[PDB]
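Structure of rupintrivir (bound form) in complex with Peptidase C37.
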Amino acid sequence: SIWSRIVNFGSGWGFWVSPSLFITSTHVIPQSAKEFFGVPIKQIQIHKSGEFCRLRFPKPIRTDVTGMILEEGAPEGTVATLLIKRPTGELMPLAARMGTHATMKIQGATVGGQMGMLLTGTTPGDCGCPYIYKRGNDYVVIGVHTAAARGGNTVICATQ
Ligand SMILES: *[C@@H](CC(=O)OCC)[C@H](C[C@@H]1CCNC1=O)NC(=O)[C@@H](CC(=O)[C@@H](NC(=O)c1cc(C)on1)C(C)C)Cc1ccc(F)cc1
């Protein structure tokens with residue numbers, strides 16, 4: 001259902017928020033591609049906020065999916081789900097308690113997002129996978145995976 005919206009993208013993953021909106025991590029988008037999903041790159045309207053990368057296609061690409069709510073992170077303390085897809089195809093939902101929103105230094109670079117704590121991990125191929133949580137009856141996507149700290153269970157969710 002939601003898992004079909006996570007797709008192989010460059011060195012990582014990306015997520016269909018809607019038929020026309022695809023988000024991923026700046027570290028993962030292929031910089032030399034001439035088209036994405038058959039659409040020439042010039043027709044694709046791309047925005048970048050640090051490690052958050054959103055792609056707006058001129059025409060619906062995934063007509064089978066419904067638009068999902070995209071917000072800038074989650075209320076502090078929200079237990080979200082990092083929806084990890086592995087190249088083996090295995091689905092690995094990882095619970096993460098979301099922490100402070102901040103402008104953070106990560107390997108010298110500035111990135112905007114939200115810290116989280118894996119509850120009970122993540123690997124270099126996992127960047128771009130989405131963080132999601134359920135509010136009422138609505139699913140809400142809050143960002144994409146971009147980093148995880150060594151010597152700890154902290155993960156970084158890049159946000160808009
Ligand atoms: C995914 C992207 C990737 O592979 O990039 C290579 C071009 C990858 C996922 C993490 C790898 C280990 N586990 C993961 O979940 N992301 C990265 O490698 C980013 C860098 C890191 O994750 C480092 N983490 C940190 O520096 C850090 C600091 C804090 C508070 O938390 N984490 C190491 C653990 C490797 C790539 C990146 C992201 C954003 C940047 F601004 C610079 C670099």
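Sequence positions, counted from 1, serve as the residue numbers for this chain. These values consider heavy atoms only, across backbone and side chains, with no hydrogens, waters or symmetry-generated copies. In listed order, ligands and their atoms are each counted from 1.
With a non-hydrogen cut-off of 4.0 Å, the residues around rupintrivir (bound form) amount to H27, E51, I106, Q107, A109, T122, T123, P124, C127, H145, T146, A147, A148, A149, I156. Near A149, the atoms of rupintrivir (bound form) lying under 4.0 angstrom from a non-hydrogen atom of the residue are 31 (O), 32 (N). The N/O atoms of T122, backbone and side chain alike, include one that comes under 3.5 Å of an N/O atom in rupintrivir (bound form). Close contacts between rupintrivir (bound form) and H145 involve ligand atoms 14 (C), 15 (O) [criterion: under 4.0 Å to a heavy atom].
Summary of contacts: the protein heavy atom closest to atom 5 (O) of rupintrivir (bound form) is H27 CD2, 3.7 Å. Those atoms of rupintrivir (bound form) with a heavy atom of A109 less than 4.0 angstrom away are 41 (F). In summary, the atoms of rupintrivir (bound form) found under 4.0 Å from a heavy atom of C127, numbered by their order in the structure, are 1 (C), 2 (C), 3 (C), 8 (C), 9 (C), 16 (N). Nearest to atom 35 (C) of rupintrivir (bound form) among the protein's heavy atoms is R150 NH2, 4.4 Å. We find a covalent bond linking rupintrivir (bound form) to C127 SG.
Among protein heavy atoms, the minimum distance from atom 34 (C) of rupintrivir (bound form) is reached at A148 O, 2.8 Å.
Atom 3 (C) of rupintrivir (bound form) has as its closest protein heavy atom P124 O, 3.6 Å.
Remark: atom 18 (O) of rupintrivir (bound form) lies closer than 4.0 Å to no protein heavy atom. For atom 38 (C) of rupintrivir (bound form), the closest heavy atom belonging to the protein is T146 O, 3.4 Å. Close approach of rupintrivir (bound form) to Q107 (heavy-atom distance below 4.0 Å) involves ligand atoms 26 (O).
Looking at rupintrivir (bound form), you won't find any N or O of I106 less than 3.5 Å from one of its N or O atoms.
Near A147, meaning under 4.0 Å from any of its heavy atoms, are these atoms of rupintrivir (bound form): 21 (C), 22 (O), 32 (N).
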